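The structure to be discussed contains FG-2216.
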Amino acid sequence: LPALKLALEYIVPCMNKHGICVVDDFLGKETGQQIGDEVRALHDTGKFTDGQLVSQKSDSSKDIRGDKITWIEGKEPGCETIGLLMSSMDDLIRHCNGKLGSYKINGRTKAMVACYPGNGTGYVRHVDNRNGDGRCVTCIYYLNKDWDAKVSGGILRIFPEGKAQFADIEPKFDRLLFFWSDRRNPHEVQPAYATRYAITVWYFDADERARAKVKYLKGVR
Ligand SMILES: O=C(O)CNC(=O)c1nc(Cl)c2ccccc2c1O
Ligand SMILES: [Mn+2]
């Protein structure tokens, strides 16, 4: 399905109406599986961090750690299908530009690959960009085949501002998610009891990022 058709007929209207947009079967099984293989290779060769310190015990041997991460630019050896994913995300956003609210996206982060190791850890309720750091859209790609939250947990729960309900999103294989990064979409990852992988990039709004430089000071003489 052409990126422009997905953007104009689905991403743009859904984002402007709901601020949370799900696309299933984004790249297809072959490509999705190759991305999965690259992420697992990164994990198995020790490229992830040890995990977020969740419970700090008097005995450090009993510390509980949670989500592990690694930052991926997309050109590294063994990460080229991740890079292809990133380029595909960028193509979509490019075909949306000037139509995602009044934002003008002119950049993004590297990819943050996250692994919840399956030990009952999740991620506390938070806002991605709470203080105007420039990020306007969060984009997440999930890689977990036959994920069933009833058995493995790991639901992403979003609490859209001003609505007495939440939106639960299963981290399903080959699913792509967009949502506004700011305080409109507080969200959490519920405890995961199986290995759970996701790939995140954040897109920058030009004006917000330009003035973020001012309040987050870069020096000349
Ligand atoms: O994985 C998901 O479905 C949702 N994940 C997150 O919202 C999420 N957000 C942030 Cl800001 C971080 C930040 C650091 C590490 C992992 C994160 C994470 O999984
Ligand atoms: Mn988040």
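Numbers in chain A come straight from the PDB entry, and the residues shown are 188-404, 408-411, in order. Atoms within a ligand are numbered from 1 in the order they appear, just like the ligands themselves. Any value given below was found using the heavy atoms of this structure, including those in side chains, with hydrogens, waters and symmetry copies removed.
Counting repeats, the structure shows FG-2216 at ligand 1. Contact analysis gives the chain with most pairs under 4.5 Å to FG-2216 as the one the PDB entry calls Egl nine homolog 1.
Within 4.0 Å of FG-2216, judged by non-hydrogen atoms, the site holds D254, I256, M299, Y303, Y310, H313, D315, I327, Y329, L343, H374, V376, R383.
Residue counts put most contacts of chain A with FG-2216 in the UniProt domain Fe2OG dioxygenase. Scanning out to just under 4.0 Å from FG-2216 turns up other ligands and ions: ligand 2 (manganese (II) ion). Atom numbering of FG-2216 starts at 1 in the shown order; those under 4.0 Å from a heavy atom of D315 are 9 (N), 11 (Cl).
Looking from atom 1 (O) of FG-2216 to the surrounding protein, the closest heavy atom is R383 NH1, 2.8 Å. In this structure, the protein non-hydrogen atom closest to atom 15 (C) of FG-2216 is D254 OD2, 3.1 Å. Annotation: atom 4 (C) of FG-2216 to nearest protein heavy atom, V376 CG2, 3.4 Å. Every atom of FG-2216 with a heavy atom of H374 under 4.0 Å away is listed here by number and element: 7 (O). In chain A, the residues that UniProt lists as binding 2-oxoglutarate and that have a heavy atom under 4.0 Å from FG-2216 are these: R383.
In this structure, the protein non-hydrogen atom closest to atom 18 (C) of FG-2216 is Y303 OH, 3.4 Å. Note: no N/O pair closer than 3.5 Å links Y310 and FG-2216 by distance alone. Between FG-2216 and the UniProt Fe cation-binding residues of chain A, heavy-atom distances under 4.0 Å are seen for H313, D315, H374.
Below 4.0 Å from some heavy atom of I256 lie the following atoms of FG-2216, by number and element: 15 (C). Of all protein heavy atoms, the one lying nearest to atom 14 (C) of FG-2216 is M299 SD, 3.8 Å. Polar contact check, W389 against FG-2216: no nitrogen or oxygen pair lies under 3.5 Å apart. When hydrogens are left out, the protein atom nearest atom 10 (C) of FG-2216 is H313 NE2, 3.6 Å; that is the closest non-hydrogen contact.
Per-residue contacts place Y329 under 4.0 angstrom from the following atoms of FG-2216 (heavy atoms of the residue considered): 2 (C), 3 (O).
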